[PDB]
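The next PDB entry has paroxetine among its components.
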Amino acid sequence: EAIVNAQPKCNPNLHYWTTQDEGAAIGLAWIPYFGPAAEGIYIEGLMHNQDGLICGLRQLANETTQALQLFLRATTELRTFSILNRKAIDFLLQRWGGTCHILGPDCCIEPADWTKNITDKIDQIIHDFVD
Amino acid sequence: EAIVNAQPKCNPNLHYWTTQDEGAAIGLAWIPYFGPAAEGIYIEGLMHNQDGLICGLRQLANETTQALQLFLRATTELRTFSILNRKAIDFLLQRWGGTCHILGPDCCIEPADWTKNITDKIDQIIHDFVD
Amino acid sequence: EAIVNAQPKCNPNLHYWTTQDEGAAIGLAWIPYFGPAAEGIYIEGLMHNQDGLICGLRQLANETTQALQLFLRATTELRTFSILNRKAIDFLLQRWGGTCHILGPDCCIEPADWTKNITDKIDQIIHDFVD
Amino acid sequence: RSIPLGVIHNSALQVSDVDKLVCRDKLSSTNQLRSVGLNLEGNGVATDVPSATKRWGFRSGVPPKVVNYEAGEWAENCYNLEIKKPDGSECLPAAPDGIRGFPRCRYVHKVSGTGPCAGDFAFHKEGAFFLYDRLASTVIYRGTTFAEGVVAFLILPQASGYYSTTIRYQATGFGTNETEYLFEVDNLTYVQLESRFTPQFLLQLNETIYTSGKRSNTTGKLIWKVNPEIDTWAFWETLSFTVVXXXXXXX
Amino acid sequence: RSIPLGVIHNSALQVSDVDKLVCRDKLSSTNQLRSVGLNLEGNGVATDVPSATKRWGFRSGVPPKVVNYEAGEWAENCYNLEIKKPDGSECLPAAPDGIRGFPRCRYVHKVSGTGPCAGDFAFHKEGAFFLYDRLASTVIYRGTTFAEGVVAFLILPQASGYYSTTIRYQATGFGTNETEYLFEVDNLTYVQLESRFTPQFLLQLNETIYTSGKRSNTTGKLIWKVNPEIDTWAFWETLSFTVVXXXXXXX
Amino acid sequence: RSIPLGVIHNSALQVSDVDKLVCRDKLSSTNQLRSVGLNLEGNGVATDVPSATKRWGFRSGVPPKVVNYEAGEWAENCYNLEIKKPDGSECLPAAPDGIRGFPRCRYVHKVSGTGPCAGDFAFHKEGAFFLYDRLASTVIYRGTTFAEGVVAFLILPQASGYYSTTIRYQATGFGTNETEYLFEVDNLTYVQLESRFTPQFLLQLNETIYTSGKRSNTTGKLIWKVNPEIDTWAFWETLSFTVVXXXXXXX
Ligand SMILES: *[C@@H]1O[C@H](CO)[C@@H](O[C@@H]2O[C@H](CO)[C@@H](O[C@@H]3O[C@H](CO[C@H]4O[C@H](CO)[C@@H](O)[C@H](O)[C@@H]4O)[C@@H](O)[C@H](O)[C@@H]3O)[C@H](O)[C@H]2NC(C)=O)[C@H](O)[C@H]1NC(C)=O
Ligand SMILES: *[C@@H]1O[C@H](CO)[C@@H](O[C@@H]2O[C@H](CO)[C@@H](O[C@@H]3O[C@H](CO[C@H]4O[C@H](CO)[C@@H](O)[C@H](O)[C@@H]4O)[C@@H](O)[C@H](O)[C@@H]3O)[C@H](O)[C@H]2NC(C)=O)[C@H](O)[C@H]1NC(C)=O
Ligand SMILES: *[C@@H]1O[C@H](CO)[C@@H](O[C@@H]2O[C@H](CO)[C@@H](O[C@@H]3O[C@H](CO[C@H]4O[C@H](CO)[C@@H](O)[C@H](O)[C@@H]4O)[C@@H](O)[C@H](O)[C@@H]3O)[C@H](O)[C@H]2NC(C)=O)[C@H](O)[C@H]1NC(C)=O
Ligand SMILES: Fc1ccc([C@@H]2CCNC[C@H]2COc2ccc3c(c2)OCO3)cc1
Ligand SMILES: Fc1ccc([C@@H]2CCNC[C@H]2COc2ccc3c(c2)OCO3)cc1
Ligand SMILES: Fc1ccc([C@@H]2CCNC[C@H]2COc2ccc3c(c2)OCO3)cc1
Ligand SMILES: *[C@@H]1O[C@H](CO)[C@@H](O)[C@H](O)[C@H]1NC(C)=O
Ligand SMILES: *[C@@H]1O[C@H](CO)[C@@H](O)[C@H](O)[C@H]1NC(C)=O
Ligand SMILES: *[C@@H]1O[C@H](CO)[C@@H](O)[C@H](O)[C@H]1NC(C)=O
Ligand SMILES: *[C@@H]1O[C@H](CO)[C@@H](O)[C@H](O)[C@H]1NC(C)=O
Ligand SMILES: *[C@@H]1O[C@H](CO)[C@@H](O)[C@H](O)[C@H]1NC(C)=O
Ligand SMILES: *[C@@H]1O[C@H](CO)[C@@H](O)[C@H](O)[C@H]1NC(C)=O
Ligand SMILES: *[C@@H]1O[C@H](CO)[C@@H](O)[C@H](O)[C@H]1NC(C)=O
Ligand SMILES: *[C@@H]1O[C@H](CO)[C@@H](O)[C@H](O)[C@H]1NC(C)=O
Ligand SMILES: *[C@@H]1O[C@H](CO)[C@@H](O)[C@H](O)[C@H]1NC(C)=O
Ligand SMILES: *[C@@H]1O[C@H](CO)[C@@H](O)[C@H](O)[C@H]1NC(C)=O
Ligand SMILES: *[C@@H]1O[C@H](CO)[C@@H](O)[C@H](O)[C@H]1NC(C)=O
Ligand SMILES: *[C@@H]1O[C@H](CO)[C@@H](O)[C@H](O)[C@H]1NC(C)=O
């Protein structure tokens with residue numbers, strides 16, 4: 001499906017915060033004893049609504065809530081950290097969880113360059129045919 | 001191995017309970033504030049011993065205990081939620097963790113349809129041979 | 001990169017302890033009620049510096065600390081158990097996360113045995129050519 | 001000896017890990033992977049309180065462990081323990097956050113009483129698990145309903161209301177060779193329990209005592225003893241009152 | 001109805017799970033997978049304390065749940081609650097270990113007061129989440145700064161300092177139809193709060209009271225009421241004092 | 001700067017993440033992935049209590065973090081701290097549930113005493129970890145045996161009993177520039193500790209004091225001082241008593 005922002009308003013600019021998980025450490029700043037406190041581990045950035053991405057993100061998070069809440073109701077983990085890892089696993093299972101039938105729609109194997117390695121190396125026998 | 005139920009008795013019917021992780025939400029029922037309490041999140045079903053599956057399941061869970069208990073002794077997690085995710089990863093690693101030698105027994109790649117794409121498109125040169 | 005031990009000393013021998021996660025259980029020893037206490041679940045072994053592995057391990061763990069500490073600063077999990085599982089997922093994503101272009105450098109598909117299944121079965125038409 | 005995995009081949013269940021799997025066996029999603037819990041009830045074990053409690057024992061030095069499961073079986077018999085030492089201290093730990101009682105129990109045998117409790121935690125002597133709400137533990141938590149069971153792991157192919165009744169018991173010498181049990185009719189009327197008594201017989205006996213007027217009409221304790229003349233296998237395939245503390249006999 | 005996943009196709013965002021993905025769509029690392037939190041502010045919801053508190057309610061029987069997110073949005077309005085029952089007992093649970101306040105808040109509306117609190121936990125009546133430090137919860141924790149928001153999940157393509165101001169409020173009948181709010185100038189000077197008041201207007205009104213000398217000069221409570229003559233949409237797109245407890249009016 | 005991963009190429013260990021891996025490098029199971037902990041002992045650091053404690057310091061504002069490891073190294077020196085402030089309050093937090101002491105320690109240096117403890121948690125000043133039972137933490141837990149160490153991550157190729165001795169110390173001004181240590185012979189007999197003293201020398205000195213009768217024969221404290229005449233590198237590659245509180249000298 002495609003997302004349709006159906007909210008009363010949209011802030012088209014996204015002033016975000018996150019953590020630089022492994023940013024270029026400066027000297028001893030990576031050592032917890034010397035490094036920043038909890039309030040000073042954040043980087044910031046500003047994103048604009050190019051391709052309508054910001055207003056699409058707001059609607060996407062809005063539409064994600066029902067499925068996310070139902071997943072949380074069904075789990076017994078107090079804190080869930082594995083959603084993205086399971087989505088990466090499901091990405092691989094849908095592509096590689098069965099037998100990959102080459103040239104089939106569900107097999108992501110491209111024999112392009114190397115069909116042009118058999119079909120051009122036929123010329124090592126068909127006209128290397130010296131009689 | 002194949003499983004052999006070696007229990008004194010077997011209940012061949014399985015009256016089970018589980019959670020509909022993302023069942024078709026009805027209006028506001030997905031909102032935690034309005035949704036059901038902990039006792040009312042369960043669905044039920046009844047399974048019979050077709051193909052001996054129920055008595056096989058009981059023996060399987062019985063035989064799983066030793067390996068499961070030894071795994072729990074060796075882990076330091078207080079609560080283990082990652083057994084099935086690791087089994088999915090190990091599924092992919094055994095099939096795709098190395099180089100896939102086509103037509104080998106450990107490579108799950110079927111070039112069937114497309115061997116019949118080379119061996120029939122030979123007829124675009126062998127008898128498209130107009131001399 | 002290659003590792004260069006830059007420590008003042010190196011103990012070239014590694015007297016290690018670990019857990020036999022599923023060691024051949026002896027009778028009832030797998031049952032928690034009858035099994036060993038927390039102090040008696042460990043096996044031991046001794047490794048020597050063949051191929052300089054021990055002094056390389058000590059430098060490797062030393063050089064791992066900065067990246068590991070920065071990862072721990074950025075996570076909100078109190079206890080992290082998923083580092084190795086995510087590395088296994090990233091192993092599969094780098095090899096199989098896109099389309100596998102056969103004979104390309106980023107595609108781990110070997111059509112060796114079976115290029116020699118087409119190029120030798122050409123002799124079922126080229127000289128099975130009875131005119 | 002890795003964790004076995006259940007898979008269906010040739011119209012039959014069998015163990016086969018991810019490494020013993022053929023290329024035809026297909027796993028398209030983590031949804032096909034399921035953890036389930038099966039009750040020891042379904043294998044024919046004795047479910048009466050005297051027989052069930054003897055499968056549990058106290059032990060120190062072993063940290064408790066918990067593993068989750070996604071689907072469980074409706075239980076006929078569940079258990080809920082409030083055991084103290086004779087000096088009043090608790091024998092069982094309070095349930096950790098997020099651990100609730102087993103969700104489907106026809107009969108909840110609630111046992112309160114005393115015992116020596118020579119151990120930090122109570123384990124299953126046969127290695128089985130105590131099944132709670134989608135969480136299986138190696139130890140028993142205080143006042144939390146559980147069923148005895150074991151866990152299995154499956155690869156699925158691609159492809160009556162809920163009534164619950166609490167039965168209360170008093171216990172002395174819990175977790176020992178000399179353990180005495182009393183079925184509670186009310187706070188002053190009790191019946192000496194034996195392994196022969198089924199849940200339905202206890203509820204009918206309790207109804208008879210009320211509907212005939214055999215509860216204690218004093219402030220003292222009344223213990224009825226059923227004489228061996230009154231008889232009482234698997235749950236799925238199925239009087240004169242004289243008084244002689246205040247012991248008595250029911251013929 | 002699995003958890004949607006955001007992906008960019010044809011220069012446009014859209015939902016498409018791992019199973020609705022084409023072979024051209026490429027995922028080379030878990031780094032491309034990101035969980036983000038977006039503030040309800042950005043959708044145009046009313047952010048004043050009277051309007052915001054009515055979106056929250058108390059409920060029992062539902063265990064709280066927590067999910068993490070990696071990136072969040074700078075908030076204009078955040079909330080921090082210290083609510084007790086009239087008998088003094090706490091209405092909200094202490095923050096669990098590792099749950100800290102939302103890290104970027106221009107205005108922190110700190111509300112202290114009383115209410116009936118007919119429920120074990122306070123949930124969002126519209127199903128939204130309470131966003132803390134990289135952790136989203138279904139319930140409100142005591143004295144912990146949060147922003148209202150929702151979570152999204154993304155597949156990324158391969159490819160002004162921080163000022164914070166605390167605004168304090170008193171409340172009675174919290175979480176009910178009849179809830180009264182007071183903006184706190186000091187411990188003895190208060191202003192009757194209405195939904196029309198913006199954060200900047202409250203800070204300017206509070207500055208006017210100090211810089212003109214209209215704080216209470218006794219030991220008693222002084223409540224200023226703004227008369228409707230003084231007027232006060234989205235944050236991103238933008239007097240005479242007479243006294244008549246001690247109520248008064250500001251014209 | 002992602003987490004390095006150890007791999008064996010050309011008969012040599014080297015760092016190479018999952019993305020710097022060639023198609024020949026094969027990973028058939030998560031069993032090939034292993035997390036290990038190596039002791040700072042093995043790199044030649046000074047292990048005496050005075051030198052080791054100066055590598056640790058107290059700091060507030062940094063939440064503690066924990067990561068597990070599967071295999072560890074037998075340690076010669078481990079440490080176990082019971083430090084309080086001069087007003088009696090605890091400096092170190094109790095060990096969280098499931099965190100036990102390091103399992104293999106030849107000598108456990110148990111240090112009890114006082115210090116200012118200007119910080120909520122005690123960290124390693126050089127960024128190393130405190131290794132417990134298969135869990136590595138950034139902070140020190142109270143009364144819990146740990147070894148200093150660091151963690152590595154590996155891709156494995158496809159392919160003497162345990163004696164422990166506790167050495168007890170008293171400390172004043174812990175975690176400062178002016179820290180004094182005393183080796184405890186008994187509750188009334190002590191030796192002024194210096195960095196030169198090895199564990200074997202402390203045990204031999206303690207044996208000499210007992211086997212010669214130099215313990216305090218009063219109710220007062222007896223502090224023996226070793227004079228610099230008595231001498232005492234890596235652990236793996238290897239008198240007259242006069243009295244003058246009650247200080248003394250051992251020649
Ligand atoms: C998986 O299923 C297995 C088969 O149902 C279970 O095997 C059970 O294992 C336990 C040990 O953990 C055994 O308990 C022992 O029983 C013996 C004998 O008990 C009495 O019974 C025999 C006849 O059966 C009688 O002849 C004897 O004289 C005894 O009076 C005791 O001596 C031991 O102390 C101990 O209690 C069970 O007997 C055994 N059951 C069966 C049917 O073999 C296994 O426990 C299951 N696994 C899990 C995790 O539940
Ligand atoms: C995702 O975005 C959606 C659209 O923005 C959100 O929809 C909101 O859903 C809630 C229910 O959870 C609605 O609240 C209800 O509102 C009605 C009507 O309220 C008054 O407003 C209308 C005009 O809008 C007026 O004509 C009426 O007379 C009312 O005076 C109440 O009767 C209900 O009791 C309940 O409060 C929102 O109205 C609705 N917003 C919109 C813009 O449709 C949705 O909540 C978002 N999801 C998350 C997780 O945040
Ligand atoms: C990985 O291995 C590295 C090499 O073994 C470790 O490097 C150590 O890093 C710490 C900082 O965290 C250094 O400590 C500093 O030392 C200086 C100098 O100390 C005295 O020593 C020199 C001679 O070495 C002497 O000339 C000076 O005058 C000093 O008297 C102090 O000034 C600092 O305040 C700080 O204490 C270590 O010196 C350094 N060791 C080496 C051998 O270079 C690194 O810590 C390891 N990583 C982990 C996580 O353990
Ligand atoms: F968690 C889940 C597992 C399996 C499903 C299956 C999906 C298809 N329809 C039938 C369901 C069978 O459920 C089972 C199987 C074994 C069990 C069990 C229930 O309880 C204890 O042992 C649903 C949910
Ligand atoms: F966790 C991370 C997610 C995405 C990145 C992107 C990496 C490339 N440069 C732009 C970054 C966009 O960050 C976003 C996107 C959506 C958001 C958000 C921040 O806050 C709430 O909703 C970094 C970190
Ligand atoms: F967790 C496990 C890791 C490796 C194994 C290997 C399996 C094959 N036989 C040798 C084992 C080597 O064990 C190691 C290697 C590095 C270490 C270590 C022990 O302690 C600190 O640094 C077993 C268990
Ligand atoms: C329990 O009592 C019986 C009585 O016959 C005795 O044989 C048995 O040894 C006792 N159990 C223990 C553990 O002492
Ligand atoms: C029976 O005893 C229990 C436990 O002391 C008590 O809570 C309950 O109120 C009693 N019932 C009556 C009717 O007194
Ligand atoms: C015993 O009988 C009385 C009388 O009907 C009833 O109220 C009570 O619930 C019964 N006890 C049990 C445990 O069912
Ligand atoms: C009085 O108590 C006896 C038991 O001692 C009981 O059997 C009898 O029914 C009671 N009488 C009445 C009138 O309830
Ligand atoms: C709150 O008060 C209003 C007053 O008009 C009333 O109509 C409404 O029913 C009250 N709310 C509840 C939950 O009773
Ligand atoms: C205002 O009240 C709060 C809450 O009782 C108190 O902590 C604070 O000290 C008070 N401020 C002054 C200036 O008295
Ligand atoms: C109100 O004004 C006074 C006077 O400058 C100031 O100190 C105080 O911080 C203001 N209150 C708020 C909530 O900003
Ligand atoms: C005394 O209090 C009144 C409010 O009752 C206030 O408006 C006035 O400014 C105060 N006077 C002085 C001198 O501060
Ligand atoms: C510790 O004492 C020494 C004495 O020479 C002094 O130089 C040093 O500054 C002191 N440390 C601190 C942190 O003040
Ligand atoms: C030595 O002191 C410790 C700590 O106070 C105490 O527990 C122990 O009993 C003492 N030993 C003797 C022999 O008094
Ligand atoms: C000191 O010597 C005595 C005498 O043998 C012994 O009992 C004690 O354990 C020794 N202390 C230590 C720390 O080994
Ligand atoms: C009495 O104490 C002294 C130390 O002051 C000690 O050296 C001496 O051996 C003790 N005497 C006896 C008889 O133990």
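Convention: sequence-line order gives letters A, B, ...; per-chain numbering from 1. For ligands, and for the atoms within them, numbers begin at 1 and follow the listed sequence.
One finds paroxetine in this structure at ligands 4, 5 and 6. In this structure, the main binding partner of paroxetine (ligand 5), as named in the PDB entry, is Envelope glycoprotein,GP,GP1. Other chains whose heavy atoms approach paroxetine (ligand 5) within less than 4.0 Å: A, E. Atom 8 (C) of paroxetine (ligand 5) is not flagged as protein-proximal [any protein heavy atom, distance under 4.0 Å]. Listed by atom number, the atoms of paroxetine (ligand 5) under 4.0 Å from A/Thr18 heavy atoms are 1 (F), 24 (C). Atoms of paroxetine (ligand 5) lying under 4.0 Å from at least one heavy atom of E/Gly37, given by number and element, are 21 (C). Scanning E/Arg34, E/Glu70, A/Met47, E/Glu73 for the heavy atom closest to atom 14 (C) of paroxetine (ligand 5) points to A/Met47. For atom 6 (C) of paroxetine (ligand 5), the closest non-hydrogen atom of the protein is E/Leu156 CD1, 4.1 Å. Per the entry, the name for chain A comes out as Envelope glycoprotein. Atom numbering of paroxetine (ligand 5) starts at 1 in the shown order; those under 4.0 Å from a heavy atom of E/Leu38 are 21 (C), 22 (O).
The closest protein non-hydrogen atom to atom 20 (O) of paroxetine (ligand 5) is E/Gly72 O, 3.4 Å. Under a 4.0 Å non-hydrogen cut-off, the residues that form the binding site of paroxetine (ligand 5) are A/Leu14, A/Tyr16, A/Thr18, A/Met47, A/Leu57, E/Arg34, E/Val36, E/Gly37, E/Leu38, E/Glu70, E/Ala71, E/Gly72, E/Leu156.
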